[PDB]
Structure formats: C-alpha cells, structure tokens
Engineer: 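I'm reviewing an experimental structure with vaborbactam and have questions.
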Amino acid sequence: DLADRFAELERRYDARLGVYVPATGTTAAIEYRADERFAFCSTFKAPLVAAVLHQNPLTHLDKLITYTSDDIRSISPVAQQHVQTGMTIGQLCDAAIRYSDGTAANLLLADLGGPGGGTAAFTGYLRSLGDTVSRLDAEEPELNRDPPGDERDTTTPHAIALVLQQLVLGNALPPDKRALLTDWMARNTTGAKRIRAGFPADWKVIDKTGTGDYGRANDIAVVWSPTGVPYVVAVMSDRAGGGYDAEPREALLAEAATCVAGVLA
Ligand SMILES: O=C(O)C[C@@H]1CC[C@H](NC(=O)Cc2cccs2)B(O)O1
C-alpha cells in the first residue's frame, strides 16, 4: 500500500511525513497525514506572492521598496545584496519564491499591510481561499521558532495543496497573475534535491521549498506529465524527535516524490 511505503520512509528516516496530491478527473487523491499540522516554513512565501498579486494591479510590481541592513533579520540571498538600491515589488516576489528570500517575504507582508506586519492579512488571504486551518503568526525568522505542538505558523498538506491547486491550476487569480506565480515557481533555484529529484526528467516541476528547525523540510509543487497532465504535490516533513536541531532531510522528500510519481505515471 502507498500508505505503508510512506510509513516505511518515516521509520527509515525517523521522520514524520505528510503528503497530499489532490484528486483529478483521472486520478485518486494521495493522502498521508494530510490533516495533521506541519510548519509552513518558507513554503508560505509562494501564497504570499499570490496575496500581493491578488490585491494589486500588475503596475504595483514596479514599485521601489527601500530598506536597510537592519531589515536583514533572516536568510535573504538577494535582498542583502541590494540594500543600497532597494528592490521593486516584482524583484521581491522573484527573490521570495526563487531564493526563499526572507527579507523579501517580510517586505511583502508589510506590503499587504495591517496589524502583525502583514501576517494577519496573509492568513486572511488563505481564509478567502477556503482555508480555515492555516495560520501565520510571525515574520521571518521568528515564525521558525514554534516548537512541535504549537499551532502557530502551521498548515496541513491538505490545506496547502488545495491552496496551490487553486492558485496555479484554478481560478483563485486572474490568468495573467497566475502566469507570474507559475513562471517564478518554474525558475526556482532551491528545489533540485526535493520533489524534482523524484520525478522523471520528462515531467515538468515548479515548486517552492521550505526548511526550518526540528528537521523541517517541505516542498510544494505543481508537476506536468509528459502528456501535459498537471498535478499538485505537497510534501511536508519534520524530524522533531531529534530536537530543535534535528537535521532536515531533502532525500526524504525526494523518495516521497518518487513513490508519488510511481502512482501518477
Ligand atoms: O527554501 C528552503 O528550503 C530553505 C529556506 C531558507 C530560509 C528559511 N529558513 C530560515 O529562515 C531559517 C532556517 C532554519 C533551518 C534552515 S533555514 B526557509 O524556511 O527555508
């Protein structure tokens, strides 16, 4: 049973694995711990970009955001090199998705506005998509500090998969905006050893990764079959039994994805 093989992975990596592939017209759902909470980690940066796209005309992408060295409080591979010049909103969306840029994320949260530096607004966005489970309670990097059993800054594989489904493959965004989210995810630089590593070369993979404490490693993806048939793959993992500094394990996600591709191909 596919469920039994996921349990094999949990046992072998001493991990908790959560999987959701939504059903389609020609496939069953794949569900494993799909309604258990897992930390978002950097995965929220993809729907965050969708929020900003949703809320604004595309001309907003050209708005210049200036910030300081003092705004670099989290892993920010792009923003930390542009403190002198600032970055447009479009550049931040790019950085947030393609390089998990945590300062870009923080700036895009402030862009949504309102109490919580934008965290309330973000969660509200997910609520507008039908998601009553997910919650973002802090910015980077504090949103990573939540220990197991604290529901702050968590989602479920089921919730995040269905959010991604609506954003990339559904009608949550107008198709021009959707195209952007998709293109950015298609050119991600962080995802080569996760879901991408588990799918044959003839399948297309776009994704957004996340890594945190307690061995947290997530990847959410949209994949296209050699036929052009698209599916959403959400894979979430932690290794919390090893403590706050348990090693995150990309290969766990890669194996999970391989098992998923075996079912879908
Ligand atoms: O996209 C990825 O997979 C990596 C990305 C890096 C920035 C974010 N991590 C943090 O800010 C702190 C961290 C804890 C443990 C590792 S990095 B995010 O959650 O993950």
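Just so you know, residue 1 is the first one in the sequence shown, and it goes up from there. Order of appearance sets the numbers: ligands from 1, and atoms from 1 within every ligand. According to its header, the structure was obtained by X-ray crystallography, 2.0 Å.
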Engineer: Would you let me know which chain has the most contact with vaborbactam (ligand 1), using the name from the PDB entry?
Structural biologist: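 The largest contact count goes to Beta-lactamase.
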Engineer: Using a 4.0 Å cut-off to any heavy atom of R194, which atoms of vaborbactam (ligand 1) qualify?
Structural biologist: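 Counting from 1, the qualifying ligand atoms are 3 (O).
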Engineer: Closest non-hydrogen protein atom to atom 2 (C) of vaborbactam (ligand 1), residue and atom name please, with distance?
Structural biologist: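 Its nearest protein heavy-atom neighbour is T209 OG1, 3.2 Å.
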Engineer: Under 4.0 Å, heavy-atom basis, I'd like to know which part of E250 is in contact with vaborbactam (ligand 1): side chain, backbone, both or neither.
Structural biologist: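 Neither; nothing of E250 gets under 4.0 Å from vaborbactam (ligand 1).
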Engineer: For vaborbactam (ligand 1) and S100, I'd like to know whether there is a polar contact (N/O to N/O, distance under 3.5 Å).
Structural biologist: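 The answer is yes, given that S100 and vaborbactam (ligand 1) share an N or O pair closer than 3.5 Å.
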Engineer: For atom 14 (C) of vaborbactam (ligand 1), grab the closest protein heavy atom and report residue, atom and distance to one decimal in Å.
Structural biologist: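 Closest protein heavy atom to atom 14 (C) of vaborbactam (ligand 1): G212 CA, 3.6 Å.
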Engineer: Looking at vaborbactam (ligand 1), would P141 count as a contact under a 4.0 Å heavy-atom criterion?
Structural biologist: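 It does not; every heavy atom stays at 4.0 Å or beyond.
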Engineer: Can you report which non-hydrogen protein atom sits closest to atom 10 (C) of vaborbactam (ligand 1), along with the distance?
Structural biologist: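 Minimum-distance protein heavy atom for atom 10 (C) of vaborbactam (ligand 1) reads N144 ND2, 3.5 Å.
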Engineer: Which residue supplies the protein heavy atom nearest to atom 13 (C) of vaborbactam (ligand 1), what is that atom called, and how far is it?
Structural biologist: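 Nearest neighbour among protein heavy atoms for atom 13 (C) of vaborbactam (ligand 1), to 0.1 Å: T211 O, 3.8 Å.
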Engineer: Short list, please: which atoms of vaborbactam (ligand 1) are under 4.0 Å from a heavy atom of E140?
Structural biologist: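 In order of number, 11 (O).
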Engineer: Record the part of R216 in heavy-atom contact with vaborbactam (ligand 1) below 4.0 Å; permitted values are side chain, backbone, both and neither.
Structural biologist: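 It is neither part, as no heavy atom is under 4.0 Å.
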Engineer: Looking at atom 5 (C) of vaborbactam (ligand 1), what's its closest protein heavy atom, distance included?
Structural biologist: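 Minimum-distance protein heavy atom for atom 5 (C) of vaborbactam (ligand 1) reads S42 OG, 3.1 Å.
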Engineer: Could you give the N/O to N/O pairs under 3.5 Å linking vaborbactam (ligand 1) and the protein, each with its distance?
Structural biologist:
from                   : atom 1 : to   : atom 2 : distance (Å)
vaborbactam (ligand 1) : 1 (O)  : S100 : OG     : 2.6
vaborbactam (ligand 1) : 1 (O)  : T209 : O      : 3.4
vaborbactam (ligand 1) : 1 (O)  : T209 : OG1    : 2.6
vaborbactam (ligand 1) : 3 (O)  : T209 : OG1    : 3.1
vaborbactam (ligand 1) : 3 (O)  : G210 : N      : 3.4
vaborbactam (ligand 1) : 3 (O)  : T211 : N      : 3.3
vaborbactam (ligand 1) : 3 (O)  : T211 : OG1    : 2.6
vaborbactam (ligand 1) : 9 (N)  : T211 : O      : 3.2
vaborbactam (ligand 1) : 11 (O) : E140 : OE1    : 3.4
vaborbactam (ligand 1) : 11 (O) : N144 : ND2    : 3.4
vaborbactam (ligand 1) : 19 (O) : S42  : N      : 3.1
vaborbactam (ligand 1) : 19 (O) : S42  : OG     : 2.3
vaborbactam (ligand 1) : 19 (O) : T211 : N      : 3.4
vaborbactam (ligand 1) : 19 (O) : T211 : O      : 2.4
vaborbactam (ligand 1) : 20 (O) : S42  : OG     : 2.4
vaborbactam (ligand 1) : 20 (O) : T211 : N      : 3.0
vaborbactam (ligand 1) : 20 (O) : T211 : O      : 3.2

